[PDB]
Each structure stands twice: as C-alpha cells, then as structure tokens.
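We're sticking with the PDB entry numbering for chain A, so the shown stretch reads 4-125, 127-261, in order. Determined via X-ray crystallography, 1.7 Å. Note that ligands are numbered from 1 as they come in the structure, with each ligand's atoms numbered from 1 the same way.
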Amino acid sequence: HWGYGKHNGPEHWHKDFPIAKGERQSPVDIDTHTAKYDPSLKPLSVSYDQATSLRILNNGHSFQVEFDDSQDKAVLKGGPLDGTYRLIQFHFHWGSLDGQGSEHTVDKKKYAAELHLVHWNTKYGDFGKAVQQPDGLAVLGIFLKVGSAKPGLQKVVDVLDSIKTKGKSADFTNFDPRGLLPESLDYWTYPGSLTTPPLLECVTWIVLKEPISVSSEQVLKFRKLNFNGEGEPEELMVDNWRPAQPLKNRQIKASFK
Ligand SMILES: NS(=O)(=O)c1nnc(NS(=O)(=O)c2ccccc2)s1
Ligand SMILES: [Zn+2]
C-alpha cells in the first residue's frame, strides 16, 4: 500500500494512481513574485461558530478531527468559491525536523507543518459525489511555524496519546476550530488536487499568507505518533508530506496587493 517511505512514497504513487502525473496536481510552490493580484477575489467568509466536532482518528498517514456535516453548521464561502462548502475534517502534515513538514512552499520556503481544513460543496449532496467534481472540495491551508505555543491547539496535542497507532479513535467533542486561524485571512488560491491518493483533481486550494505559530513542544508531540497499528513494529509518523508538483498551465492568484 502507499505511504511515505522509500519503497512506497510519493515517487511511487503514479503506478497505482496515474493521475499523480496529472495537469493540476498539488501541492505547489507559491512564487510570490509571479502570483497575480486579483482585486475581483472576495474576502473569505469562515462561519465556524456552530461547528460540531465528533472524534479524532489516526488514519495511518495523519490524524484527523471529524465534524458533523449533516447540516450547514460550519461552512466556508466567499473567496474564489461559488456556493457553500461544509467543513468535514481537518488534519496536519509535518516533518521530522523544524525546517520541513509543509506541503505547499512559499518562494521555496518550507514550514514546520501544514494544517488542512477540508470542505465539500453542498450542491453535490454528499462528500463522495463532491470528490468527483472539479469544484467539489475547498481546502483551507494554514502554515505552522515554530515559535510561541498556540493555546487553541493544546486540546488536540493532549489527546494524541490516546490515538498513537493506526485505526485508533477517540471522542473529541466541543472543539472550536476558530482557535486555529491566523489574524489575517489574506490568501493565495489555485485549482489543484488531493495531496494523498487517490489524488483526485477536485480541489480549490485556499492557502493563507499568515502562518500560525506553535511551540517546539507542541510539534514534538505530533512526531510521537505511529504509522503502524498496535502490535506492529514502531514507525514514527513524520514527514507525511508530498513534494511540490509542477504548476503546468495554472496561475496562482492572490487576494492581496
Ligand atoms: N491533504 S488533502 O488534500 O487535504 C487530503 N488528503 N486526504 C484527504 N482525505 S479525505 O478528504 O477525507 C478523502 C477521503 C476519501 C476520498 C477523498 C478525500 S483530504
Ligand atoms: Zn492534507
């Protein structure tokens, strides 16, 4: 099966998922000097006041916090989007060292980690239908740099001990994702793909310019998770990021001059 090691990592994925060599793959490097300011772009509208988290899970390649998406509770609109996108989960990618871990890069700079908030377009009725459409998903990408702790992240960090290995889950209610957002909502956007198999080209990426900062101790706890299941030989969950893919015939647009 696919993963991030030497014999099953990103350079091998195309053998099972040929779209890995597709025209609109993610992540990409954001070259700040060639991104185009688009004054037509709207401000983002994040409405997470009524979010309902359910549980946190180690899925064997990352950990994800899941939300109830049975109704318009937590949604994203505005920006480059048409319509209402419902939050279904967030997860992280991170490195073995503080100098790597993000998927997107900015002028080739790598951050310690990257947070992805995944939302799906409710006009397609369910998530499974949404992922088959070119405008089906919108993923909000937030960079993490190492500095001062983020209080809003600590609830997550403290429960990692109970989902150490693949397939473990825990109740995780009343988590407010607003605590993970930077002060500014300025962004870059481009049409892209999932960055893990099946690598479907169904994502509008929205990557925030402003990173959030987390402490060394917080990201340290991420690195103690395991890719393996319980009872199996220990493999630490680190460097679960895909390298930058060719931009090809795409333009990155910026919301800010
Ligand atoms: N890193 S990323 O592009 O946000 C994603 N990588 N895996 C993801 N999982 S997921 O949205 O739950 C998913 C699960 C099954 C099919 C399509 C998407 S999102
Ligand atoms: Zn991701």
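Choosing among sorbinil, naproxen, benzolamide, tolfenamic acid, diflunisal, one finds at ligand 1 the drug benzolamide.
Lab note: most contacts to benzolamide (ligand 1) come from the chain UniProt lists as Carbonic anhydrase 2. At the top of the distance list for atom 18 (C) of benzolamide (ligand 1), counting protein heavy atoms only, stands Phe131 CZ, 3.5 Å. The source organism recorded in the entry for chain A is Homo sapiens. Closest to atom 1 (N) of benzolamide (ligand 1) by heavy atom, among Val143, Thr199, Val207, is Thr199. In this structure, atom 12 (O) of benzolamide (ligand 1) lies nearest to the protein heavy atom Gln92 OE1, 3.3 Å. Restricting to residues UniProt lists as binding substrate in chain A, the heavy-atom distances under 4.0 Å from benzolamide (ligand 1) involve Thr199, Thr200.
Among the UniProt-annotated Zn(2+)-binding residues of chain A, those with a heavy atom closer than 4.0 Å to benzolamide (ligand 1) are the following: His94, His96, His119. Most of the residues of chain A within contact distance of benzolamide (ligand 1) belong to the UniProt domain Alpha-carbonic anhydrase. For benzolamide (ligand 1), the nearest UniProt active-site residue in chain A, with the shortest heavy-atom distance to 1 Å, is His64, 5 Å. Considering only non-hydrogen atoms, atom 6 (N) of benzolamide (ligand 1) lies nearest to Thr200 out of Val121, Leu144, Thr200, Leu198. Inclusion of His94 in the set of residues having an N or O under 3.5 Å from an N or O of benzolamide (ligand 1) is warranted. An N or O contact shorter than 3.5 Å is missing between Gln67 and benzolamide (ligand 1) by distance. Under 4.0 angstrom from benzolamide (ligand 1), there are no non-hydrogen atoms of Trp245. Counting heavy atoms under 4.0 Å, the binding site of benzolamide (ligand 1) comprises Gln92, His94, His96, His119, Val121, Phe131, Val135, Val143, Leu198, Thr199, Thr200, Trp209.
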